[PDB]
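A structure with topotecan.
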Amino acid sequence: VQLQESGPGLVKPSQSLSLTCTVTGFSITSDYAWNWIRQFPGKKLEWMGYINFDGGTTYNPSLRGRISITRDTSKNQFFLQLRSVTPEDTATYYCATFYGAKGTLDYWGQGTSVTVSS
Amino acid sequence: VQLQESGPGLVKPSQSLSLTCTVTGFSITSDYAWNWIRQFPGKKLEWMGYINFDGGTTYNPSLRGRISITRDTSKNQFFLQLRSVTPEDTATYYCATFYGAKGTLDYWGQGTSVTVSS
Amino acid sequence: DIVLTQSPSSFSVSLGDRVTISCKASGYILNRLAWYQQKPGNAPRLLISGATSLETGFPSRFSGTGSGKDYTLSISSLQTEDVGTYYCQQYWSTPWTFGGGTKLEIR
Amino acid sequence: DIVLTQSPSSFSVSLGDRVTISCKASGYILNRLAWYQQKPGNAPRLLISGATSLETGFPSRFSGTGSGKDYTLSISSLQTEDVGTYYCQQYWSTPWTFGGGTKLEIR
Amino acid sequence: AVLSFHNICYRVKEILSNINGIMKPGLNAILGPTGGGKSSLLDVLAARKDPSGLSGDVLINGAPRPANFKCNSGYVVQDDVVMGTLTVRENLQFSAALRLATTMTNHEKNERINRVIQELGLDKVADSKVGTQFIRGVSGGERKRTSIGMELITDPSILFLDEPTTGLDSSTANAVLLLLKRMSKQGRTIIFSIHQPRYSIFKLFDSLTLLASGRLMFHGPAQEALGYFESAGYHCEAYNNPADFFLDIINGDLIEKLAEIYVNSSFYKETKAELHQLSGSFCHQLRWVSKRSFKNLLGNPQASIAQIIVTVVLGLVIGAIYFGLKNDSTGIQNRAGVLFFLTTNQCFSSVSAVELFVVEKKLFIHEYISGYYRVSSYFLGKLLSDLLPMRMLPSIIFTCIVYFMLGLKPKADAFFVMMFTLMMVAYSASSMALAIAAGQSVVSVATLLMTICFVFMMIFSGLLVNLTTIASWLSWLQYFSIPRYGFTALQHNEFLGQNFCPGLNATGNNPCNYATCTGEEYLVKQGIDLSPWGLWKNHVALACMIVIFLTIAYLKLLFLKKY
Amino acid sequence: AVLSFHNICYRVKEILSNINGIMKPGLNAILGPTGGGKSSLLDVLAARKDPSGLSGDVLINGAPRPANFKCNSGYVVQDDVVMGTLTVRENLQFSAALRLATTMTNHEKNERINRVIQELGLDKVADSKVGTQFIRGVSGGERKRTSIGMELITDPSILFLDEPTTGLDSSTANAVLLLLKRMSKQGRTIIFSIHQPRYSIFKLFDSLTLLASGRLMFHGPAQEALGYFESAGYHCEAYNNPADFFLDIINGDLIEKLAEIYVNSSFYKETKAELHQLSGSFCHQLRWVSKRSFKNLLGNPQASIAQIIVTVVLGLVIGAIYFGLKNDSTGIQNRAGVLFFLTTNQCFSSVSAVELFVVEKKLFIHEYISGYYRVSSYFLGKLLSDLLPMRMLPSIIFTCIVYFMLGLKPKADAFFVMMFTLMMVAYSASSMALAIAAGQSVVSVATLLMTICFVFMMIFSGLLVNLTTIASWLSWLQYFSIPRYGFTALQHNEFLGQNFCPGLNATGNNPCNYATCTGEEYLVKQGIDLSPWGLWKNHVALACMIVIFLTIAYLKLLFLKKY
Ligand SMILES: CC[C@@]1(O)C(=O)OCc2c1cc1n(c2=O)Cc2cc3c(CN(C)C)c(O)ccc3nc2-1
């Protein structure tokens, strides 16, 4: 119900990326699936992958082996670990909340931007 | 949403029975399934059978060949035709409205009683 | 079919009491267990759907706690307007058998 | 996968106009067609689910009328607060591709 | 009319060196062991082998063998190549149709048979059915006569027989050989080969030849064999069979020594001074081929009716199991299951086609080398005779029975779409079986292949695995499966107007997905088109597969090693 | 040691009237046509027929046949009853184990074979494999010798042979008959029957008998047959086989006339003055029966390895098609499809079980009438030899391959529950097939039946039709189906902790039903128990079905008409 990101707004290319979405007003182990989105400059949205409420996860097949989503259940966090980051995917990142029965991206984060340069 | 029965509150045994449920506030061709219930003296409820929104129908297997449900769609009516009526099933009859997705008897009639004697 | 045995066919309780109405099923219903409430001279008003949910138009006192076959209803601190005839229904199969229907009393 | 071609990549409309945004699908979605609305500097607020429903927090002007592949959104007599970037999404398959996203303008 | 030959080397491996001799108008006999060339030389003189494998010449009355030689001579195969399911009159009318001239009268076709069946002594069994395992018929001793009559239509002067005695009893075979002796004086040159002969047979010959391990040991008239092997160093003991004493020489009471004796044989020297004097219509072809297999089809209830009984009973059992498929949450499973089953059954019953051709393979070989038909005439006739009726019927028995009992979509066109789709899938599975069976005499092999094959195809039919959820380097295999197209067509035919969530109209909106609350949602989730082309795309795929597999069968029957 | 008999009437239909004679220690021959009693009298003297069908007596050295007669005499069947997949040394050690005394030494079991294999001339092929179609081995002329050695272990004085010449070449059979002639003087009474004999065979006999259409025509020594039929009115012509001239009398160059000649035969009168002077351990049994079929199992890659390779491929193909079953809306279809496909596969390989008993039927009949084993010893040994290993392996090959590729429930116990369930369903389908195929020599019959039963069982297994939605007078048939219990157990084993609506936790509440959003909802909707007894109820049902079908097989093998 209430999401928010907090992470580095910059990174060296081809190493890694870490983002963290802390969920309040609701427990990420209770009901929903939790996914990430990125929106490039020259705005085009691109859903990245969701972690289920029970740790299971499915990732966007364009991002294979590069994205991983972990979770720390004891404080309602889920982590975006994006490795071997090219300078091209310097998009604005979001965490979002998916109902499953309603089927839509019901809730969204605030919006964190990642710039991949040197 | 608004149901009501109107029929004979008495019948000779072993001939027939006619009840009519006129639905207002909603059209019986739109969404729901429409079923009948009867509650005996010495109250025990007994669901009888439903006619779907598209004319299809399924009846309680204890009442085989005896109950039939027809419908007049041009005025939102569905008809309970109960034949070879024994004097034992002199129950209080109802028409009710079933959601399908919620799964429960969401709406009910007002209550018509049928006494099968001579 | 599926017969719903409300083994406590009646009760004798007082106001402000937590009463627990059982509804033993003859098969797995999987939370497809409705609760009605027939005041004398009326049609059964729907009380609880899904065996754990609630229907708008009631206090937060009626609460179903069921699992598997042993479904039950809890009425914590019942009121004067809550004596009736509670029927449990399975809407799992097609022949929607109801329960026998318990009936609360006042000692 | 399923690509959602918003063939009208932009528009140039005026206030009080009925604008019709198409969203051509590359496959049958069966009313699994969401509509968002990204104001600049914000996340996409959900506008329409199910391609015909509506989301609480909007006037009764946005209305989706879609069938098969040719889903569309109708904005009858749009307001000043409704210029944005409308993205249509399919939530039928797993790779939830969005639309290109049209962008309204004022002449 | 005489046969003659000289310096024959036959390899694939030379089980021969060279055979020299002539055959007079009379009774020519070839004897020896099975490992010898007694069965290969006869195929050489009847031109039943590869000419490239042949080395020497075949000179007839001062003329080589033309293309017309096979069309005016008759070779009889050792097993019963006759139609025991038919009668002698019918089968001899068949052999008269494809050998006599088109100009010749049907009265002449009535008479020339009666010049032969009267000669064979088969006037008693003219209309009597010849005989099957499941239909009692004439004794086999006259099945041999039936085949011989089949090879005497246009009055061939040159007769060839593949082991006229094996397969018959002693006095049974004597009646065949006395008939041939009657043919031995009517200007008919009979050339044959007998394993383990007898002196009753040996006392009526005119010319004799012995082969052993590809080596020639005798040539000339039959009487002098006993006269020659006395000079070889032996003596026929008291009360021994001369034809068995001729094999007493062979296996040591060595081969090179006896052959060297034959090189210095005066019987060979006269032949050396003889040989070097010598060496120095389609519509009609389809009018009667269809009829013969048609009467084979009628004359076998245990294969024709017995596959209808299974069809009727299984038509009724499936009619009782399902019986009015409900439009509830279980309706999808039942409709897909039955469509599944009907399609799988068609496919798997069509592994019986391998029977048609595999059993009729040897008859096909002999009849085409005789020249009864063009290969396409056989191929457009037998498919008209067995592929057409035996697969139109079950596609109608299933269709008429299980349609209205189950309550499948109550429209006029859908009934016939299902009828035609089952017909096409029956044809297509049979056509595959036809492609995988053509040119194979083994049954257990092919049937084994067809069986795995369909078992893989069903995995791609769409029920046992969802075709959209396969790795993309396997999703190209979903096109090589016959049970996919018919099953897709049936799912398209039936799941259009249906609904399966009672009380929940889903065609306007489907709240709470993962539900499959209409026929289209199940149909799309399987990866099946909803446009009306999506139905008949399967049919054109199946029609192309029929044509392709029948062409592969046609080429296998054309490029087959007939020799 | 002599045989004797008198006034034998044998019916089911009397194809006999009465046969009189004695057989001296020597070489006793029975000749005639196949329709005659030449094959039935030999089964009479070897006690291979129904005693109630027998009428007369069998008197041996002034004593009737005891129960010990079959345990000290040897009858050899016409076809190769030897284990061509094994070698002579191994097979003769088998026949030494079950016939020699338990007290006798293994050194004596080493020596007594070497007193016989040395006699047969089989010292070259002692360890050489005898021969199969797919494994090159010894020539058949010594397969005959191999069987004879199998029937010479405990030194039986009375030998019986079913057609010692049929199935062999001429000089091939002479080497068998000269070996028997060597046995003709070592105090071994050989009694046999030959179809179409030869004078080389005829010149070495000691006593002779002729049968024709159930009528006796000769008795006495073999030389005088030619001497007697001269007085019948015939004369053996110049250079004719005497043994073939003896059948020249039979079929008209009538039967009652020749029999009346035999009634007034002096050869019969001496026999009339002779006959009326006459008429006036289990652990060891399982120690070696298991080994023999075990070496049959090793000595046939085309049936043992060829049924592994396939399992291995399919386990890999099924491992590639599914490969990590997703927990989405398509997961139910894939898991149920694969579980269905596995259960079905096991049932279908079970259909080759018939090939075990149907092929080994004639060997079983001969070996039990010889008395090599109790029927339960055969039944507890062969199942230990072929039913056990050939079905433990594929239930492990499938289990090891397709479990972790597909990602079936990642627990330790569920892996072994699936392993054991596939093992049990393999056993149960094999047990049913074994009961159907017990006591049937035909393959095409049963194989057709087992396929029919299975195609009906599968219609009830639970995938092609929902078992709760069947009319209540058919829902009792869902208990007679092996593919139901194994498939139910697999669905119970795998669908417990699963979920199939991603993003929708359903175990607390399932809003919007008709969804099947957890494993239990699918499992209950199929009519399958959720209690842990619901899993092992299937296993105890399958264990009871194994025991029942093996008992039906045991009774069919016990109450079989061995005669
Ligand atoms: C799934 C199709 C079906 O069950 C059906 O509903 O229609 C009939 C039929 C079926 C499967 C099989 N058969 C049939 O006649 C024969 C068959 C042989 C199979 C063999 C070879 N047998 C000789 C054991 C295998 O090795 C593996 C799977 C096999 N599956 C089958």
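In what follows, every chain begins at residue 1, and chains take the letters A, B, ... in the order their sequences are listed. Whatever order the structure lists them in is the order used to number ligands and atoms, beginning at 1.
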Handout entry: Most-contacted chain near topotecan (per the PDB entry)
Key = ATP-binding cassette sub-family G member 2
Problem - Heavy-atom neighbours of topotecan, other chains, cut-off 4.0 Å - result: E, F
Practice task
Extract the binding site of topotecan: heavy atoms, cut-off 4.0 Å.
Solution key: E:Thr344, E:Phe348, E:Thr451, E:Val455, E:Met458, F:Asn345, F:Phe348, F:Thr451, F:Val455, F:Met458
Practice task
Specify which UniProt domain of chain F supplies the largest share of contacts to topotecan.
Solution key: ABC transmembrane type-2
Exercise for the section: Give the numbers, counted from the N terminus per UniProt, of the transmembrane segments of chain F with a heavy atom under 4.0 Å from topotecan. Expected result: 2, 5
Practice task
Identify which UniProt-listed ATP-binding residues in chain F lie under 4.0 Å from topotecan by heavy-atom distance.
Solution key: none
